[PDB]
There are 2 protein chains.
Amino acid sequence: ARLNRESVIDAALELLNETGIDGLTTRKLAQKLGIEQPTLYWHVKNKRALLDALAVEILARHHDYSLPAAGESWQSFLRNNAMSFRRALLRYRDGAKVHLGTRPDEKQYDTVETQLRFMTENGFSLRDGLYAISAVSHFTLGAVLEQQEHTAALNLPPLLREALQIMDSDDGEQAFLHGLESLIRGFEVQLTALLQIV
Amino acid sequence: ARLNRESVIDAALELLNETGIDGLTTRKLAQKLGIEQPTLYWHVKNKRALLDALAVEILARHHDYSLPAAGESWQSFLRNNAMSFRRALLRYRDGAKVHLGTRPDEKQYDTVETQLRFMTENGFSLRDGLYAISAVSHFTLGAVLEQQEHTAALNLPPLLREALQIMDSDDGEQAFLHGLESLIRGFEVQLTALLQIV
Ligand SMILES: CN(C)[C@@H]1C(O)=C(C(N)=O)C(=O)[C@@]2(O)C(O)=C3C(=O)c4c(O)ccc(Cl)c4[C@@](C)(O)[C@H]3C[C@@H]12
Ligand SMILES: CN(C)[C@@H]1C(O)=C(C(N)=O)C(=O)[C@@]2(O)C(O)=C3C(=O)c4c(O)ccc(Cl)c4[C@@](C)(O)[C@H]3C[C@@H]12
Ligand SMILES: [Mg+2]
Ligand SMILES: [Mg+2]
């Protein structure tokens, strides 16, 4: 096996799709790579080091809308950025549980710094721009996690029976997209209100 | 040990606080209860059966605002219900990862049926009332999961340094509460718009 960082990240992503996150271990990864575990240890010290790097790589590889287009509104940037974030988290089995708990890596510093500056340039204070960006992140992580965990870990009253048919009718994309519009409209109301009672 | 359902759920909650969810196993629970694992098997068939029952019990025990008060508005019910849901999920180590992926249990049928009927009585269609209730659930699960997983699994530019001080200044409660108001205001805009272009 070639054991530079990119081929270790590639076999580990491959293995996450096959086993999920609880079945991903350095002993299984060494066997996939066809090397002994001391050989693997030289490259990958532990499972946290590995999950930290996968969380960065899945967004580097798949999260394409990380910055505003030139002249794009803050509303449009949040919509687009959230949908790209959903799409990157859903690309791999347990992608959202791999993200959970990470913080921006050094490789992401400039990207996330730009996102926050862009909201302050749009009128938000830093804290309000942060609370908007975080509410979009938490709603998206929540929606993808319920979806992915629902299919991993596997007498009704009339409206629940029907709620359950609706829920299960697609990937959760329509419920997501409609909730996203409500979130962005609530922030716009708050932005424009300024100091008036809203 | 007494091994009726309530004392097994009690020792298992106790054990979840000590070990977290990945260290919670029927072998560790049998040792906590001081019985042999065949004795435990008669009562608890497996870890999924156990996590399913804990997800129901933590809300039964701690989620107190599950129904609207008499005369309460839909806005106020969503605010209060979300905060109670956050509070119940945060009461135990990995409480939100225990919830993840469950669906309403038979013991919760009447409660969730009422919640959906209440939104349709407030003007929502069933699907729109469902999308509002789900967006509140997903945002709350997302915010508590990022919080709990951030503390479990353990050169900055100026606005990220400052974002990071703000984030970490409390439990995530202010970011949660502010995002909650934006979500509820976005649904109200959408409810009242009816068929007009909004
Ligand atoms: C999904 N989108 C809203 C963000 C995004 O697109 C990111 C990105 N690298 O392109 C993120 O890292 C993010 O997805 C993301 O994961 C962020 C993040 O985790 C976070 C945390 O943990 C603490 C402080 C801060 Cl400043 C952040 C924060 C706001 O930078 C976010 C940004 C979101
Ligand atoms: C946090 N709050 C919005 C809800 C709540 O308070 C519940 C409760 N038992 O009191 C739930 O079970 C909920 O927290 C909760 O977990 C629900 C839930 O999981 C869910 C899923 O999985 C699929 C279909 C439906 Cl109809 C539901 C649904 C909308 O009943 C929700 C309700 C939320
Ligand atoms: Mg993140
Ligand atoms: Mg639920």
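By convention here, the chains are lettered A, B, ... following the listed order of sequence lines. Note that chain A carries the PDB entry numbering, so the residues on display, from first to last, are 2-155, 165-208. Residue numbering in chain B adheres to the PDB entry, whereby the residues present occupy positions 2-155, 165-208 in order. Read the numbers this way: they start at 1 and go in the same order the structure lists the ligands and their atoms.
The drug observed at ligand 1 carries the PDB name chlortetracycline. Taking the chain with most contacts, the partner of chlortetracycline (ligand 1) here is, per UniProt, Tetracycline repressor protein class D. With a cut-off of 4.0 Å on heavy atoms, the other chains touching chlortetracycline (ligand 1) are A, B. Binding site of chlortetracycline (ligand 1) at 4.0 Å, heavy atoms: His64(A), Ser67(A), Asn82(A), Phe86(A), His100(A), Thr103(A), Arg104(A), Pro105(A), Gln109(A), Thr112(A), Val113(A), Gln116(A), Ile134(A), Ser138(A), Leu170(B), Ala173(B), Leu174(B), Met177(B). Counting only heavy atoms of the protein, atom 12 (O) of chlortetracycline (ligand 1) lies nearest to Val113(A) CG1, 3.7 Å. In summary, the atoms of chlortetracycline (ligand 1) found under 4.0 Å from a heavy atom of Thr103(A), numbered by their order in the structure, are 22 (O). Both criteria (UniProt Mg(2+)-binding in chain A; heavy atom under 4.0 Å from chlortetracycline (ligand 1)) are met by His100(A). Here's the thing with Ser135(A): none of its N/O atoms is less than 3.5 angstrom from an N/O atom of chlortetracycline (ligand 1). Considering backbone and side-chain N/O atoms, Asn82(A) comes within less than 3.5 Å of an N/O atom of chlortetracycline (ligand 1). For atom 27 (C) of chlortetracycline (ligand 1), the closest non-hydrogen atom on the protein side is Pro105(A) CG, 3.9 Å.
Residue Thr112(A) approaches chlortetracycline (ligand 1) through these ligand atoms, each under 4.0 Å from one of its heavy atoms: 10 (O). Regarding atom 16 (O) of chlortetracycline (ligand 1), its nearest protein heavy-atom neighbour is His100(A) NE2, 2.9 Å. Of the residues that UniProt lists as binding tetracycline in chain A, those with a heavy atom under 4.0 Å from chlortetracycline (ligand 1) are: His64(A), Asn82(A). For atom 4 (C) of chlortetracycline (ligand 1), the closest non-hydrogen atom on the protein side is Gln116(A) OE1, 3.5 Å. Closer than 4.0 Å to chlortetracycline (ligand 1) lie these other ligands and ions: ligand 3 (magnesium ion). Residue, atom and distance of the protein heavy atom nearest to atom 33 (C) of chlortetracycline (ligand 1) are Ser138(A) OG, 3.5 Å. In this deposit, the organism assigned to chain A is Escherichia coli. Ligand-side atoms of chlortetracycline (ligand 1) in range of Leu170(B): 26 (Cl), range being under 4.0 angstrom from any heavy atom.
Near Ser67(A), meaning under 4.0 Å from one of its heavy atoms, chlortetracycline (ligand 1) places the atoms 10 (O).
Atoms of chlortetracycline (ligand 1) found under 4.0 Å from any heavy atom of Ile134(A), numbered from 1 in the order shown, are 3 (C), 29 (C), 32 (C).
Listed by number with element, the atoms of chlortetracycline (ligand 1) under 4.0 angstrom from any heavy atom of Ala173(B) are 26 (Cl).
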N/O pairs closer than 3.5 Å, chlortetracycline (ligand 1) and protein:
| unit_1 | atom_1 | unit_2 | atom_2 | d |
| --- | --- | --- | --- | --- |
| chlortetracycline (ligand 1) | 2 (N) | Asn82(A) | OD1 | 2.7 |
| chlortetracycline (ligand 1) | 6 (O) | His64(A) | NE2 | 2.7 |
| chlortetracycline (ligand 1) | 6 (O) | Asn82(A) | OD1 | 3.3 |
| chlortetracycline (ligand 1) | 6 (O) | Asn82(A) | ND2 | 2.8 |
| chlortetracycline (ligand 1) | 6 (O) | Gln116(A) | NE2 | 3.2 |
| chlortetracycline (ligand 1) | 10 (O) | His64(A) | NE2 | 2.9 |
| chlortetracycline (ligand 1) | 10 (O) | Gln116(A) | NE2 | 3.3 |
| chlortetracycline (ligand 1) | 16 (O) | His100(A) | NE2 | 2.9 |
| chlortetracycline (ligand 1) | 22 (O) | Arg104(A) | NE | 3.3 |

